[PDB]
K.L.:
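This structure holds triclabendazole. Let me ask you some things about it.
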4 protein chains.
Amino acid sequence: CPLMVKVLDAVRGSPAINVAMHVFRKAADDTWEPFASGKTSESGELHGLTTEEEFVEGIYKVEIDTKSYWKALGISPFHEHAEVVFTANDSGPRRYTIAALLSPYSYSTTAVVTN
Amino acid sequence: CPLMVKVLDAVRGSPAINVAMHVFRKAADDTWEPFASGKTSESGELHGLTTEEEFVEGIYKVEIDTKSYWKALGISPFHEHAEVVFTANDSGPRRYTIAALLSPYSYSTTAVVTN
Amino acid sequence: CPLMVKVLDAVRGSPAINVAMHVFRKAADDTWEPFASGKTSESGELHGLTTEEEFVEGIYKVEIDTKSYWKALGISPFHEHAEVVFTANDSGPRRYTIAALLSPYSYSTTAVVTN
Amino acid sequence: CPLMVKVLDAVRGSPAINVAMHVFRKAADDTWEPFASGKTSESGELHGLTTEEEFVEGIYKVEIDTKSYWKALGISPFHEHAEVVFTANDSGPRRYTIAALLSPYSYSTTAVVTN
Ligand SMILES: CSc1nc2cc(Cl)c(Oc3cccc(Cl)c3Cl)cc2[nH]1
Ligand SMILES: CSc1nc2cc(Cl)c(Oc3cccc(Cl)c3Cl)cc2[nH]1
């Protein structure tokens, strides 16, 4: 699994469950083409977005739909979504974990890159 | 000053100086049109982006060029840029402060909305 | 002002007001002796904790009563308090700003050390 | 496993490996008694600190030795250590995961509490 996302909720002290996210890849004409999408499980994890063959070099954007997550819980948050934009596989294949911690007016994201 | 941005460097424990950013407003056709831009000062702050008359309700995107910042320090970063995407909503007098804390593989952002 | 603390609320997107904290200095027998204390202002800031003459090199602990803050908002928090423990070291003129961003089950803290 | 700790490094984009930590529990005389200790594995995780029987109600402090971690990597950080202080098992047994993200001048911690 070369691209996985883990999301935690800092208000409830729990995984962030049912968070939708869309992944895009920058096309040669510099537009964002849809690449993969999914939602976090009961563990706050989203696996199986892509494969080693399909996950070629490029610039990728992970849009985490944090607004829909908070609204579904009856909370009005600040951000529309959280964005994680990065060049992937520039030096050969890597495995990426994107971790996110969500509050209504704040979020943090970090990346774990392994070879 | 209805919109200010402050950027901090978590590696050096200092304001992030000379960090360029652009602010976009979402248009009716869902494109991002330029709205304002600048570079952070020696205090890591960027003031004077817009005025109350101009800063109407809408969806705004702040795109922070974190990659050039790390590159100029000789450090290889993960992210192409940091994005902060939010709705401005009229609810009493509201000043927006967007803060971003930068590390090579991570960033945190929070909003302080005051009266 | 060689030592200032700023506290933000990530649930409400606001300064954390009336947050009490104590600062301790480590003594030669490894106990923590009281050094300074106060409560954050309406801007979430606590100034005037110490002076340059008094703020000598040493290990300092800032103990922030985050639990009382959340309790007064009707929210059950995880942490008993937030601690920031650091060494003050003379390297040019150095002002210390300690920032803490509070959520019920999380906190982030950073230091900005300027000249 | 009722108490586990996961630590990530925001500078290297990796688990934080070989981070030492000491856990203390507040005794009836209000002193901190040593409870458990360990170091994070290659995955940045520390398991096996305690057992369900031994992990009774109380106030616990997890001291994460972030200074030794950064120094061992030749970096001079701000904090002496990161502290996580919390009441555990007040409403019956729970499982706690403490997650931490480390930068030289900043850290974030969050808690995941499951039943
Ligand atoms: C893939 S299993 C897993 N490892 C984790 C490591 C950490 Cl640090 C974590 O918390 C965070 C995740 C993102 C930003 C911050 Cl600021 C924090 Cl604190 C959750 C984690 N979940
Ligand atoms: C209301 S104006 C304001 N000044 C600030 C100074 C600091 Cl250092 C601050 O910290 C942070 C900024 C971003 C992420 C994190 Cl994780 C933290 Cl901790 C927030 C601030 N907001």
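The first sequence line is chain A, the next is chain B, and the lettering continues from there. The numbers used for chain A are those of the PDB entry, and the residues that appear cover 10-124, in sequence. Residues 10-124, in that order, are what chain B shows, numbered as in the PDB entry. Throughout, chain C uses the PDB entry numbering, with the displayed residues spanning 10-124 in order. Numbering of chain D is taken from the PDB entry, so the residues present carry the numbers 10-124, in order. Counting starts at 1 for both ligands and their atoms, following the listed order. FYI, side chains are in, hydrogens and waters are out, and symmetry mates aren't considered; it's all heavy atoms of this structure.
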K.L.:
What is the name, according to UniProt, of the chain making the most contacts with triclabendazole (ligand 2)?
P.N.:
Transthyretin
K.L.:
Any idea which other chains come under 4.0 Å from triclabendazole (ligand 2), counting heavy atoms?
P.N.:
B, C
K.L.:
For atom 5 (C) of triclabendazole (ligand 2), state which one of B:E54, C:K15, B:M13, B:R104 supplies the nearest heavy atom.
P.N.:
C:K15
K.L.:
Okay, for chain B, which organism does the deposit list?
P.N.:
Homo sapiens
K.L.:
B:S117 heavy atoms, cut-off 4.0 Å: which triclabendazole (ligand 2) atoms fall inside?
P.N.:
14 (C), 16 (Cl)
K.L.:
Return the closest protein heavy atom for atom 10 (O) of triclabendazole (ligand 2) as residue, atom name and distance.
P.N.:
C:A108 CB, 3.7 Å
K.L.:
Output the list of atoms in triclabendazole (ligand 2) that are nearer than 4.0 Å to some heavy atom of B:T106, sorted by atom number.
P.N.:
2 (S)
K.L.:
Hey, quick one: which residues UniProt lists as binding L-thyroxine in chain B have a heavy atom under 4.0 Å from triclabendazole (ligand 2)?
P.N.:
B:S117
K.L.:
For atom 17 (C) of triclabendazole (ligand 2), grab the closest protein heavy atom and report residue, atom and distance to one decimal in Å.
P.N.:
B:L110 CD2, 4.3 Å
K.L.:
What protein heavy atom lies closest to atom 19 (C) of triclabendazole (ligand 2)? Include the residue and the distance to one decimal.
P.N.:
C:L17 CD1, 3.5 Å
K.L.:
Identify, by atom number and element, the atoms of triclabendazole (ligand 2) in contact range of B:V121, meaning under 4.0 Å from any of its heavy atoms.
P.N.:
1 (C)
K.L.:
Could you help me out with the residues around triclabendazole (ligand 2)? Anything with a heavy atom closer than 4.0 Å counts.
P.N.:
B:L17, B:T106, B:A108, B:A109, B:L110, B:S117, B:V121, C:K15, C:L17, C:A108, C:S117, C:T119
